Peer 1: 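Below is a deposited model of Metallo-beta-lactamase type 2 with L-captopril as ligand.
In chain A, numbers come from the PDB entry; the residues present are 16-243, in order. Determined via X-ray crystallography, 1.0 Å. What's counted below: heavy atoms across the whole structure, side chains too, no hydrogens, waters or symmetry copies. Order of appearance sets the numbers: ligands from 1, and atoms from 1 within every ligand.
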Amino acid sequence: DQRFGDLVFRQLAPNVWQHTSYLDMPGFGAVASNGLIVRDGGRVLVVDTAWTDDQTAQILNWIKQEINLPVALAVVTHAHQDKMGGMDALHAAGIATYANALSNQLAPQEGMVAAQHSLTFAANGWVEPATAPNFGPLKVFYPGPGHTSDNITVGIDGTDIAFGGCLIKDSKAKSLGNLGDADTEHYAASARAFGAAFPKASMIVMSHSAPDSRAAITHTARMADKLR
Ligand SMILES: C[C@H](CS)C(=O)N1CCC[C@H]1C(=O)O
Ligand SMILES: [Zn+2]
Ligand SMILES: [Zn+2]
């Protein structure tokens, strides 16, 4: 782990790093959230902001120091603060931003700034490619409603990594966390659909646990079975 200001960065693969940021949530403690940073040749791609604009600017500072290539785009994985709280920092930096159309719709009411571009998805869950131009190795999949109605997931081609965002918890998690915005009927199926979309991914990265094996997916889905 590299501590960089109040954030933590961890290399996961030759071209992939996890960013971690923290927010004091009165009544919960200081909650970690993870996203990703991917180098694709001469550019960098970001998955999720940090909780705040200031923290997100720090991600960009770390990128400048440790990679020193332009950030071509960011994709954010639903309209909650841990994933979209730093949108303004990305925009101030001139970075093109992408989210599920539904996330952009929900952003204002959730207290978020919308991304500049909207992703749309085929019936089978795969992103419509024209809406995700120049995404390089990022393979974006809508697994169905679960943690939220708008949650999306991202595989990284050329690696063993798939990112479940807040949909997936690790194999030892005691619960699925706050289900206030969740689709309890469909959660289990959505978790399993994520697994089926990225069947060869052996490292599952997620927002609120450290990277784990595919047991994160099976355990998450099994816990979600109980919501029905
Ligand atoms: C505010 C975030 C948005 S995904 C959240 O709901 N969290 C963060 C950690 C788990 C869960 C919770 O509070 O129950
Ligand atoms: Zn969330
Ligand atoms: Zn979250």
Peer 1: Could you point out every ligand or chain corresponding to L-captopril?
Peer 2: ligand 1
Peer 1: Considering only heavy atoms of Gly192, which atoms of L-captopril have at least one such atom less than 4.0 Å away?
Peer 2: 14 (O)
Peer 1: Nearest to atom 11 (C) of L-captopril, what protein heavy atom do you find, and at what distance?
Peer 2: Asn193 N, 4.1 Å
Peer 1: In L-captopril, which numbered atoms sit nearer than 4.0 Å to a non-hydrogen atom of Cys181?
Peer 2: 4 (S)
Peer 1: List the source species for chain A given in this PDB entry.
Peer 2: Klebsiella pneumoniae
Peer 1: For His162, counting its heavy atoms only, list the atoms of L-captopril lying under 4.0 Å from any of them.
Peer 2: 4 (S)
Peer 1: Can you list the UniProt substrate-binding residues of chain A with a heavy atom under 4.0 Å from L-captopril?
Peer 2: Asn193
Peer 1: Is the shortest distance from a heavy atom of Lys98 to L-captopril less than 4.0 Å?
Peer 2: no
Peer 1: Any of the residues UniProt assigns to Zn(2+) binding in chain A within less than 4.0 Å of L-captopril? Only heavy atoms count, please.
Peer 2: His95, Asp97, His162, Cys181, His223
Peer 1: Which shown ligands and ions, other than L-captopril, have any atom nearer than 4.0 Å to that drug?
Peer 2: ligand 2 (zinc ion), ligand 3 (zinc ion)
Peer 1: Which residue and non-hydrogen atom of the protein lie closest to atom 5 (C) of L-captopril, and at what distance in Å?
Peer 2: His223 NE2, 4.6 Å
Peer 1: Of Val46, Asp97, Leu194, which has the heavy atom at the shortest distance from atom 3 (C) of L-captopril?
Peer 2: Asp97
Peer 1: Can you walk me through which residues contact L-captopril using 4.0 Å for heavy atoms?
Peer 2: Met40, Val46, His95, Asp97, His162, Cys181, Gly192, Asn193, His223
